[PDB]
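Residue numbers begin at 1 in each chain, while the letters A, B, ... track the order of the sequences. Part of the entry, not all of it, is on display, and contacts are counted within that displayed part. These numbers come from the heavy atoms of this one structure, side chains and all, not from hydrogens, waters or symmetry mates. We count ligands from 1, going down the list as the structure has it; atoms in each ligand are counted the same way.
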Amino acid sequence: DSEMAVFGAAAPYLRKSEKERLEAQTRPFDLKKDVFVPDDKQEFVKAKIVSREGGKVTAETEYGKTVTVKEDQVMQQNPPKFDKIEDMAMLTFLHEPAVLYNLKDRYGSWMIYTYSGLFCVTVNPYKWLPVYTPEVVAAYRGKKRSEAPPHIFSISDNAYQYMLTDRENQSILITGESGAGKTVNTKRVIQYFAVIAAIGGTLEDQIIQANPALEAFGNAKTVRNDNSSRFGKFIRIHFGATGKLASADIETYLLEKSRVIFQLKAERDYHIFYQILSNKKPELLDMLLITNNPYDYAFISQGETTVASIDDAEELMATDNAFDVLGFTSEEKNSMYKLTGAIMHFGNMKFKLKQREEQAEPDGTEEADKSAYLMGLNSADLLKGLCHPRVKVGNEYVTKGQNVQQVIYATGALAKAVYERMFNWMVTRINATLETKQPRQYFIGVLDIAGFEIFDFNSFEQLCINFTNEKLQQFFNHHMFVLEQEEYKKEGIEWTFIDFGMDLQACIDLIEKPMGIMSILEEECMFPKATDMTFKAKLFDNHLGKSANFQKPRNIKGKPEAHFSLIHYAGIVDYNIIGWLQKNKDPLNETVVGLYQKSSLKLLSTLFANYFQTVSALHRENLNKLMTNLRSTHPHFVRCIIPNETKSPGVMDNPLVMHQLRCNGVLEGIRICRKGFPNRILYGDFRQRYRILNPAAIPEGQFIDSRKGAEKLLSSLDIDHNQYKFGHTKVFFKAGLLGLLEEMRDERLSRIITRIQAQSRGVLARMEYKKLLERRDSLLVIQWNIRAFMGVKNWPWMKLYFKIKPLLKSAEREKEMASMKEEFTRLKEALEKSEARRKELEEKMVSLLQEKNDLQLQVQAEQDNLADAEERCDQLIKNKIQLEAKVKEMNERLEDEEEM
Amino acid sequence: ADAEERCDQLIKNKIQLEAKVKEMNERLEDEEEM
Ligand SMILES: Nc1ncnc2c1ncn2[C@@H]1O[C@H](COP(=O)(O)OP(=O)(O)O)[C@@H](O)[C@H]1O
Ligand SMILES: CC(C)n1c(=O)cc(N[C@@H](C)c2ccccc2)[nH]c1=O
Ligand SMILES: [Mg+2]
């Protein structure tokens, strides 16, 4: 149409044309004959029925195959009007393939976005499509979901509208497999709010750049994606009462610290490493005094280090610019690159065993003094601390000699813990900017907390990342199917609860519970005598045959040294248990970190200042905070779908996408959006809002009950009486009635308020153009006085005029009166405003401080109970390991005595 | 809730572990008698 031109050149990638709709109507089609049939290489395919054979069907396919099909495996083609629809809820015949071919015909035309009722499903284009042009964002401004073509920008507008209407916090929950676009879609949602506030900036830019700067440290090319991030992130975007952008808050859950020193074949270390090595800037290369060739540094160099798709010279330029805009000082940016460099050098330190003491001494002293020079330690006390760490025994410290293998492992642990703390500090500095100190009333939380991933080799953070997403999809299950459906029964609607069966809470409890995998790894890593093999024994014993998601591995590809596999929501992920306990505890040589605390490098001290609380437990508590923070928000979900393994753009593999829609439970979200009631409004808020539909049903001044008035008004609309229901405090609408009431409200308002707006445009234009007339008048007296000014200074008499009048009485008295009135007016206003503010604000402050101390006492009660539980568990687990050893020897002794 | 369930499962496991050592030390004494 004429209006779609606002979408510009992106329009062919957003909406099937009207000429295509008429063309579709020209298509030979028959509701009685056009059906889908299932197949191997394509999950579903278009076909035409040729015969009906009782409880059997035969049909022939678009690509010429013929197959016998059963009724439950055959399902209607929707008529050409409905094919490729914008919103899958509007489908006439609802089934999995109509979802697939709505996707495949849209994505076949590079229309990537579709809704599945209330929310969006996105199938990934590896091509950079124009659907994200910043002038396409403006086309979503206020364009409600029933009018707009599907896009992520529609969800962002919907969240901003529900924010302003319900006066409640919102959220946008971007989800999917790895490589689907969660990081880019997050960057687009943030771009949405940034450019929306940009037409109506420091925070606006900072929220966008807060992604790539954290990416370059956070992210590494993996086998599954060239730009897969390795840390969970939760953002809150805070808006003021006037709806403008106010603040933002970046919370990050766990960096994949293990990657810093170890990469499998075909995967990189974190991008910051190679982009500093592969460098356009020699100064970065020599200030680290690192070699330009990546290969000689053992820890980063293993795996694969050059990639088909990344201009690391520019990705370094990009990370540099991201810290420039985020306002990290040059000394901070350089120090964190120095720390990355030192973690590179730290693997190059060579240690040799003494001929008789089995103690590590450095032969490769050049690498150790290079490292110490960067971290601001000394070569000798660094080497002495590493080889001879100090441990406390009573009040005095004792010195222990380290093995060459265990000093290598300790240097790895120092590299990891310096990297991970440097990342969390960088986040804390981002959260220390990103604050324009403006008063806050609403926030919209955008989440990208992991891609699901399978590599051939998965480790501690591949458990963390897959689990952390797992919880976000179970949050989808709970919000759409539990929280939404319970509300209907609570309101007393004649509604029957339907079980969608989509539940995975057993597998989150499998990880999260005090008997889960992460609970085991935290209870085990306290014992200094624990080892990965017994961790494997206890881990298998606690879950095998006790969890539906825990199963023994097959190890068909060999490698059965120590494996387990966990069926996270989107499929298999196999895990390698090797090294996990050291990774969970992350024990640092206390002399070496005490020397770090003592460093000349202000960052390294700040990182280590103020060095039971394992990495598992800290991550866990952050993610539990996440869900508690998120339940106080109104969520919209975004399902990002990967189309194909091989990065082939525009190609769309049906088995991978359909399996993703299966694991994301999107078809159920269609069912519940069509069958259920997508929108409810409080009786007071709606009666007042849309009474405009029939003011004779709700006269002003006269007493009206909101429930009884709502009953009369809706009976007066003459709409199908089955499309609404009455609750105790909320009105209930179907999606057909909601949309019809929404549009009738918009039109009734349009007829009244456009007249009112015409008057408002009248006053706005009149008053502003009057101001332009006043500023014209001031311009006129300016140019007149400038003409007077030239006329005066070229006039020879000016010598009297200029000098005498400052001396004369007018400058003595008129200026005095001007200052007197200025001071008295400012006196009056400043006095009243400051007294008002203080009197109100002191009583508010004391009320909040009292509530702060009450909750503080609550925290004190918590810390008391947790300390009791800690001492109880510590004594129970220490006595278990002692007695368990005693029973092992008792049994072996009795076996010996029976053998006698 | 985490700390209480942790203590509760440690006590239950200790109960079963006590039953284990009860049977073991009994059988060791029986072997010493025989
Ligand atoms: N809608 C899209 N448009 C353009 N490129 C995309 C889109 N979705 C994914 N990609 C590409 O796929 C890769 C992964 O995107 P990303 O947002 O990082 O997802 P993930 O974080 O799951 O890897 C990137 O190279 C990105 O450019
Ligand atoms: C309970 C929940 C699903 N819900 C609703 O059911 C309706 C909401 N808002 C109504 C008031 C609205 C309609 C149209 C534009 C803005 C707001 N919000 C909501 O959050
Ligand atoms: Mg990502």
Drug at ligand 2 - which one is it? mavacamten
At the binding site of mavacamten (ligand 2), which chain contributes the most contacts (name from UniProt)? Myosin-7
Which other chains have one or more heavy atoms under 4.0 Å from any atom of mavacamten (ligand 2)? A
Dominant UniProt domain of chain A around mavacamten (ligand 2): Myosin motor
Provide the organism that the deposit lists for chain A. Homo sapiens
